[PDB]
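Below, a PDB structure including dovitinib.
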Amino acid sequence: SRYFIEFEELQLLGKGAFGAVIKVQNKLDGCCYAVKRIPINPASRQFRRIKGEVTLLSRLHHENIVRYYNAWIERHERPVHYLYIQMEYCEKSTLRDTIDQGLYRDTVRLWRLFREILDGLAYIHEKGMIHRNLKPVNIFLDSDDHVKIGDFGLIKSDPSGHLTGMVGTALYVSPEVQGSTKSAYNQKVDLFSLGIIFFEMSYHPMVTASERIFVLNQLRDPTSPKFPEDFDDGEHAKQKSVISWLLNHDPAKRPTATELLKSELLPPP
Amino acid sequence: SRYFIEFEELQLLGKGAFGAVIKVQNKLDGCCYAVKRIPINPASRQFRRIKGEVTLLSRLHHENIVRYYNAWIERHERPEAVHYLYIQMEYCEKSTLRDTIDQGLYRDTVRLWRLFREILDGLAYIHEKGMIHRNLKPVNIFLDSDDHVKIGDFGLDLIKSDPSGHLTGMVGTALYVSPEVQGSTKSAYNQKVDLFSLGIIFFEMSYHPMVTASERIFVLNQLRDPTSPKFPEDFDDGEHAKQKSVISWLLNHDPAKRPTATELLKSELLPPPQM
Ligand SMILES: CN1CCN(c2ccc3[nH]c(-c4c(N)c5c(F)cccc5[nH]c4=O)nc3c2)CC1
Ligand SMILES: CN1CCN(c2ccc3[nH]c(-c4c(N)c5c(F)cccc5[nH]c4=O)nc3c2)CC1
């Protein structure tokens, strides 16, 4: 097994239904990587979707996309197949942890990392693709504080007990690709995720779960697209405009990645 | 029924909304054919389009065009009584050009270039006789026992077909149709529409088998990019270069900037025949 003989497992980065992401160190070069191990049935339609995503990722080359190193399938003894995808390890945390540590206070940085997410999103989009998985836990920063878009994959969580609405990854998922009214996945979906991601980028960390659920669900309202009182039309204004344009219920009223880059609302690089 | 009495069905070659193509065997001569069965209605303007096609298809004689044998109408069944049109054409033993690309054509540079010249010979003929094909796709170009090109007849934003679930754009048949024919139709009927499809066909012939659906959709949509016709990074110049110059010639977004079939056969980009 190539994984256990060539790589030194260092730390678990993520876990879930997909499988896991591990911080590893190649024994030969000595660099750290984020190897994604997915348990697969090489006969299933699931295998056709991952092999299809490995093909697409190996063809993506952008400064703001997470770098692809290698992908291989391994067969394990009687407890079975595993698919490994070796990708770059972005040393300087995720965008999630960058927001939680006060990104909002540094407007100059805030606007730079946003532009970078747009550059990489534009590249993905101009190569005719939809990400479907743009969330702060899947956008990272390297040693040089650059954005690296990751690869592609009522509420008990509320301590007050009174909150209703969507929670987690669902808060980033476009309204058109939800419910019974499943109005076809578009590239405009990736831009809805980016309008939620930019609000969080532009707003103070939401310390409590009750605060996060209320604030993000009120922003997602088609009959009331919010913005908290402390997110004033005075000091933000252009930020509020970008967020409101991207979060426009009508998938057709949303800009293109290139439209927002060639827009006056975004400061110059 | 002439079809059931005079012929014996051996295999289904293809299907669709148009009708179907079935490999038959004539009981009198012992030869196999490709009978294209079309459900029709004689009082419709669609039938008068089909009749006109049988009229033109019967006037074409070139070694690189699928030979036409006979055409007839058959009133079959009872309810309000269905009408069918049969077209009996040549059966090409070897394969389709699709199954030649998929079984690695891109390697044999002497076969690749020959097969392409043969497609241009047939296409130059159809164009001389004042016609446009509009069905030039690797599934409608065949190869007979002697490994020769036979151009078939003319039988007139997430893409759900993609297993990954990320790809956007053109899928299947739309991948060969000229951009002047889709969206903005002002002169969507030129002979240069055929020459565009030939660029996509020559790309596939010159490039490795794209066995994945996700690969074929990505690779072919990148080439069809109006703003910038991409081309893969795998597609060398040390073993190609002329091949790439021809593909670019043919795929020019502007139909005026594409060659004519006889212009390209006269071009020095094309290595001369030695057979
Ligand atoms: C409390 N906080 C938890 C998350 N902490 C963390 C730190 C570094 C991290 N690098 C990656 C990472 C990926 N997750 C990754 C991927 F999922 C797919 C492809 C490439 C990737 N590259 C990465 O570099 N995640 C990190 C999380 C920071 C502390
Ligand atoms: C390698 N695999 C073999 C079986 N398969 C096959 C083999 C031979 C074939 N010939 C024709 C064929 C036509 N389709 C045809 C037409 F569509 C209109 C007019 C004349 C035609 N003559 C043909 O000979 N199809 C074939 C399919 C698919 C490829």
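Sequence lines set the chain letters: A, B, ... in the order given, protein chains first and strands last, and positions in each chain run from 1. The deposited model was determined using X-ray crystallography, 2.8 Å. Note that ligands are numbered from 1 as they come in the structure, with each ligand's atoms numbered from 1 the same way.
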Which macromolecule here is the main partner of dovitinib (ligand 1) by heavy-atom contacts, as listed in UniProt?
eIF-2-alpha kinase GCN2
Any idea which other chains come under 4.0 Å from dovitinib (ligand 1), counting heavy atoms?
A
Point out the UniProt domain of chain A where most residues touching dovitinib (ligand 1) sit.
Protein kinase 2
Which residues does the binding site of dovitinib (ligand 1) contain at 4.0 Å, with heavy atoms considered?
A:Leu13, A:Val21, A:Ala34, A:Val66, A:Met87, A:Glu88, A:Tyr89, A:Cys90, A:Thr94, A:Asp97, A:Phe140, A:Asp151
